[PDB]
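Contents: one structure, followed by commentary.
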Amino acid sequence: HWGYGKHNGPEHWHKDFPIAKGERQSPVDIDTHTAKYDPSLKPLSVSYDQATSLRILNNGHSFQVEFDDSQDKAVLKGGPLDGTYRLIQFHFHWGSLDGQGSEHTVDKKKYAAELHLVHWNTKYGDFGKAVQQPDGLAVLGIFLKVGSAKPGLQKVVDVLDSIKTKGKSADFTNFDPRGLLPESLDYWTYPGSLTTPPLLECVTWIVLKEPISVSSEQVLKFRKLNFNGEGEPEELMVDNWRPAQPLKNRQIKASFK
Ligand SMILES: CC(=O)Nc1nnc(S(N)(=O)=O)s1
Ligand SMILES: [Zn+2]
């Protein structure tokens, strides 16, 4: 099965998932001088005040916080989207060192981690149907840089001990994802894919220009997680990021100049 090690890592994925070499793979490097400003682009609409978190899971590749998506509780609209997209989960990608960890890069700069807020287009009825559609998902990508602590992240950091190994989960209610957003919602956007198998090309990527700051201590706890299950040999969960893929026939658009 796939992973991020020396024998099952991203360069190997294409043997089981040939779309890995597809035309709209993610992530990509955002070249800030060739991104096109598009005034036609609307502001993002983030409506998370009614969000309902349920659970946090070590899924063996990352950890994810899951939400109730049976109704329009927490949705993303606007930006380059038509239709409304419900929040289903968020997760992170991070590095073994502060100089790497993000999936997207900006002018080849890497950040310490990257947060993905995953949303699916309600017109398709359920998540499994949405991932088979070119406009099925919208993922909000937020960069993390090491500096001052982020108060809104600490509730997450504090429960990681409880889900240290693969398949562990814990109740995680009343978490407000608004505490994870930057002040500005300016963004870049491009059509792309899931960055983990099955790598389906169903994602409208929305990557925020402004990073959020987290402390060294906060990102250190991420690095204490395990890829393995309980009772197995310990392998620390680090460097669970895919490198940049060729842009090919695509234009990155910016909502700002
Ligand atoms: C179920 C689920 O949300 N799947 C994900 N797979 N890759 C994702 S990512 N890194 O592109 O946001 S989301
Ligand atoms: Zn992700």
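Following the PDB entry, chain A residues are numbered 4-125, 127-261, in order. As the structure lists them, so they are numbered: ligands from 1, and atoms in each ligand from 1. Because only heavy atoms are used, hydrogens play no part in the values below, and waters and symmetry mates are left out as well, while side chains stay in. Heads up, header says this was done by X-ray crystallography, 1.7 Å.
The name given to the drug at ligand 1 is acetazolamide. In the deposited model, the macromolecule with the most close contacts to acetazolamide (ligand 1) is named by UniProt as Carbonic anhydrase 2.
Of all protein heavy atoms, the one lying nearest to atom 6 (N) of acetazolamide (ligand 1) is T200 OG1, 3.1 Å.
In terms of UniProt domains, the contact of chain A with acetazolamide (ligand 1) runs mainly through Alpha-carbonic anhydrase. Taxonomically, the PDB assigns the source of chain A to Homo sapiens.
Ranking the protein heavy atoms by distance from atom 2 (C) of acetazolamide (ligand 1) puts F131 CZ, 3.8 Å first.
The nearest protein atom to atom 12 (O) of acetazolamide (ligand 1), hydrogens excluded, is given as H94 CE1, 3.2 Å; this is a heavy-atom distance. Annotation: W209 places no N or O atom under 3.5 Å from an N or O atom of acetazolamide (ligand 1); distance criterion only.
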List, for acetazolamide (ligand 1), each N/O atom that has a protein N/O partner under 3.5 Å away, with both atom names and the distance.
from: acetazolamide (ligand 1); atom 1: 6 (N); to: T200; atom 2: OG1; distance (Å): 3.1
from: acetazolamide (ligand 1); atom 1: 7 (N); to: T200; atom 2: OG1; distance (Å): 3.0
from: acetazolamide (ligand 1); atom 1: 10 (N); to: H94; atom 2: NE2; distance (Å): 3.3
from: acetazolamide (ligand 1); atom 1: 10 (N); to: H96; atom 2: NE2; distance (Å): 3.3
from: acetazolamide (ligand 1); atom 1: 10 (N); to: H119; atom 2: ND1; distance (Å): 3.4
from: acetazolamide (ligand 1); atom 1: 10 (N); to: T199; atom 2: OG1; distance (Å): 2.8
from: acetazolamide (ligand 1); atom 1: 11 (O); to: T199; atom 2: N; distance (Å): 3.0
from: acetazolamide (ligand 1); atom 1: 12 (O); to: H94; atom 2: NE2; distance (Å): 3.4

